[PDB]
Chemist: 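Pasting a structure below so you can have a look.
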Amino acid sequence: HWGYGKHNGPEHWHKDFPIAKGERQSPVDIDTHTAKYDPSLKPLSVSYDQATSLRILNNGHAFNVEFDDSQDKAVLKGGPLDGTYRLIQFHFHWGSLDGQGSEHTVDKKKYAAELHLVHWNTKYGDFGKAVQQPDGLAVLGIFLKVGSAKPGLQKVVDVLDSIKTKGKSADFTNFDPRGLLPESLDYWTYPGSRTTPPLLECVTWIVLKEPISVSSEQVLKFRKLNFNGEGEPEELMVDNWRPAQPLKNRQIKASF
Ligand SMILES: CC(=O)Nc1nnc(S(N)(=O)=O)s1
Ligand SMILES: [Hg+2]
Ligand SMILES: [Zn+2]
């Protein structure tokens, strides 16, 4: 199936997922001069004080940190959203080099990595149902630049050796996502899709303006993961990003 390789990479996803060449596809380039400052855009409201991280697993495309979304424990509201969205997981997209890795670009500028905190709209009941609606999901995007280490990310980094290959999982309790947020909650928002197959057009994208800095050694640790399953030839988990897609009409609004 699908991957990020020369033979199963993003350029091929359309054959199995036609919606690949759809109308509200993601990621896109954020043209800062074209973005529309919308003064009706309310400030974001991140209520992650009561979060319950459960596990960490390598799905073969990336690593996901799962959360308990059986109650309004970690939710997202305000900004451009209507209703409450519950955190289900977070994952990253990163490159083989420090000059590539993010999915979204800024004025064509590519970052080291990109953090995606995924939330689903509760009025829909379950995540499965949420992916059936135009306003099903809300993804908070955070850019990572290489510089000073991110204390709040070390917990994550130090467990990666336990989930090296595809299918491996590990208990990952008492992780506080708050440690991954920048100081400013200023953002750009637009209507898009999931950036990996089934590529469903259910996402309200929220990309933060201010990047977070992580050290070389932290990002390096990401790059040691394997796409492959245990007992197979090693294929380093690098460049797990999708190229920016055509905006196609859509307007990118700014909260600033
Ligand atoms: C279950 C779930 O949400 N999976 C996702 N996979 N990619 C996502 S992304 N990068 O488009 O936020 S969400
Ligand atoms: Hg949808
Ligand atoms: Zn993602």
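In chain A, numbers come from the PDB entry; the residues present are 4-125, 127-260, in order. Only heavy atoms go into these numbers, but all of them, side chains included; no hydrogens, no water, no symmetry mates. The way this entry was determined, per its header, is X-ray crystallography, 2.1 Å. Counting starts at 1 for both ligands and their atoms, following the listed order.
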Chemist: Mind telling me what drug shows up at ligand 1?
Modeler: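 That would be acetazolamide.
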Chemist: I'm curious which chain is the main partner for acetazolamide in this model - what does the PDB entry call it?
Modeler: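 Main partner, per contacts: carbonic anhydrase II.
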Chemist: Taking heavy atoms under 4.0 Å, what residues and nucleotides bind acetazolamide?
Modeler: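 At that heavy-atom cut-off, the residues are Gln92, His94, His96, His119, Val121, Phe131, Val143, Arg198, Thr199, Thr200.
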Chemist: How far is atom 2 (C) of acetazolamide from the closest protein heavy atom, and which atom is that?
Modeler: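 Residue, atom and distance for the closest contact: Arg198 NH2, 3.0 Å.
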Chemist: Would you mind checking which non-hydrogen protein atom is closest to atom 8 (C) of acetazolamide, with the distance to 0.1 Å?
Modeler: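 Protein heavy atom with the smallest distance to atom 8 (C) of acetazolamide: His94 CE1, 3.5 Å.
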Chemist: Of the residues in chain A that UniProt says bind Zn(2+), which have any non-hydrogen atom under 4.0 Å from acetazolamide?
Modeler: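 UniProt annotation plus heavy-atom distance gives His94, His96, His119.
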Chemist: Show me which atoms of acetazolamide lie under 4.0 Å from any heavy atom of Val143.
Modeler: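 Going through acetazolamide atom by atom, the ones under 4.0 Å from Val143 are 12 (O).
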Chemist: Give the residue, atom name and distance (to 0.1 Å) of the protein heavy atom nearest atom 11 (O) of acetazolamide.
Modeler: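 Ranking protein heavy atoms by distance from atom 11 (O) of acetazolamide, first comes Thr199 N, 2.7 Å.
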Chemist: Could you tell me which UniProt domain of chain A does most of the contacting with acetazolamide?
Modeler: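 UniProt calls that domain Alpha-carbonic anhydrase.
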Chemist: What is the covalent attachment point of acetazolamide, given as residue and atom, or none?
Modeler: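 In the model, there is no covalent bond from acetazolamide.
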Chemist: Quick test: of every protein heavy atom, which one is nearest to atom 7 (N) of acetazolamide, and how far off is it to 0.1 Å?
Modeler: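 Protein heavy atom at minimum distance: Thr200 OG1, 3.3 Å.
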Chemist: Considering the heavy atoms of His96, write down every atom of acetazolamide situated less than 4.0 Å from one of them.
Modeler: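 Checking each atom against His96, I get 10 (N).
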Chemist: Enumerate the substrate-binding residues UniProt records for chain A that place a heavy atom under 4.0 Å from acetazolamide.
Modeler: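 Within heavy-atom range of acetazolamide, the UniProt set gives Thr199, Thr200.
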Chemist: Which acetazolamide atoms are under 4.0 Å away from a heavy-atom of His119?
Modeler: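 Near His119, the atoms of acetazolamide are 10 (N), 12 (O).
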Chemist: Flag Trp209 as yes when one of its N or O atoms lies below 3.5 Å from any N or O atom of acetazolamide, and as no otherwise.
Modeler: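 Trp209 vs acetazolamide: no N/O contact under 3.5 Å.
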Chemist: Please could you name the atoms of acetazolamide that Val121 approaches to less than 4.0 Å, counting only its heavy atoms?
Modeler: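 Matching atoms, with element in brackets: 3 (O), 12 (O), 13 (S).
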Chemist: Mind checking which other ligands or ions are less than 4.0 Å from acetazolamide?
Modeler: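 Closer than 4.0 Å: ligand 3 (zinc ion).
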Chemist: Hey, could you check which of the UniProt active-site residues of chain A sits nearest acetazolamide? Heavy-atom distance to 1 Å would be great.
Modeler: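 The UniProt active-site residue closest by heavy-atom distance comes out as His64, 8 Å.
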